[PDB]
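The following structure holds 9-cis-retinoic acid.
Note that the numbering runs from 1 along the sequence shown for the chain. Counting starts at 1 for both ligands and their atoms, following the listed order. Both backbone and side-chain heavy atoms feed into the values below; hydrogens, waters and symmetry mates do not.
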Amino acid sequence: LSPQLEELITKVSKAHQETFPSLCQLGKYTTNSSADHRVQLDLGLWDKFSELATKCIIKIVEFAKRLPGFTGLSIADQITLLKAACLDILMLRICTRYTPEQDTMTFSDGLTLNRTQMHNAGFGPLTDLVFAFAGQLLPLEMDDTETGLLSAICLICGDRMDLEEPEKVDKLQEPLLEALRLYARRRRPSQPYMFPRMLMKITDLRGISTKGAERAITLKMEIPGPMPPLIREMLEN
Ligand SMILES: CC1=C(/C=C/C(C)=C\C=C\C(C)=C\C(=O)O)C(C)(C)CCC1
């Protein structure tokens, strides 16, 4: 029924709004650390960065739990979905926080890093691809509810590997897909290609994430210690 789809759009939208501060509500602020030029790794910047990443992973687990039916999946499956889509979601998130004129990305506490800093923070040689994905996202002009539904679709995916009940996850995802097309089309009738464009972003995102995981391998050798436990949880996927 439509009321249910509408209900689903509102829930997800709020789940997302409540776990991911919009950019325009963020009290932006800066740092003067290695803004100068690129280097292998600025350890102060990496600490702040990984600390923010850890918190966003928890926020993501929170978001997932507010998605109808997630909590009804086996705990093994829930964990399986989180490990598999978490990096993808992190990517879509800072990328949706891109500011083209300043060429910066803003983290959840308002920390705004310029391209050199994101590099020094840890993205290293993957920075420009990240910024390139961010840029190629702007044309879509997705709103909060669309980014939330899309992240929900990235997460609830029955094609994951250790799924115990992949069929249950597919059925959970189904309404999310309906929700996104209905909403995307309603908000913009004149742009029929938005739904499929957004769906194709999922595949790109997954592409930048595998690269990001590979970036983590190298990163591990640059840091004078182990990466935060929640981040490692995510990387062991
Ligand atoms: C965590 C992490 C990585 C990527 C993080 C990304 C792609 C986004 C983080 C977004 C945050 C932290 C957003 C916010 O706070 O709003 C890379 C692949 C460099 C490897 C080391 C661990």
- Message: So, counting contacts under 4.5 Å, which chain has the most with 9-cis-retinoic acid (ligand 1)? Name it the way the PDB entry does.
- Response: retinoic acid receptor gamma
- Among the UniProt domains of chain A, which one holds most residues within contact distance of 9-cis-retinoic acid (ligand 1)? NR LBD
- N or O contact, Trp46 vs 9-cis-retinoic acid (ligand 1), cut-off under 3.5 Å: no
- Close approach of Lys55 to 9-cis-retinoic acid (ligand 1), heavy atoms, under 4.0 angstrom: no
- Item | Numbered atoms of 9-cis-retinoic acid (ligand 1) (with element) below 4.0 Å of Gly212, judged on heavy atoms | 18 (C)
- Message: One residue to check: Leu235. Relative to 9-cis-retinoic acid (ligand 1), which of side chain, backbone, both or neither has a non-hydrogen atom less than 4.0 Å away?
- Response: neither
- For 9-cis-retinoic acid (ligand 1), which part of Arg93 has a heavy atom less than 4.0 Å away: the side chain, the backbone, both, or neither? neither
- Item | Close N or O approach (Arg215, 9-cis-retinoic acid (ligand 1); < 3.5 Å) | no
- Task: Record the part of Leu90 in heavy-atom contact with 9-cis-retinoic acid (ligand 1) below 4.0 Å; permitted values are side chain, backbone, both and neither.
- Result: both
- Message: Mind pulling out the residues near 9-cis-retinoic acid (ligand 1)? I'm using a 4.0 Å cut-off on non-hydrogen atoms.
- Response: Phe20, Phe49, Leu52, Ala53, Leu87, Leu90, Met91, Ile94, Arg97, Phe107, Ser108, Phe123, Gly212, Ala216, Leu219, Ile231
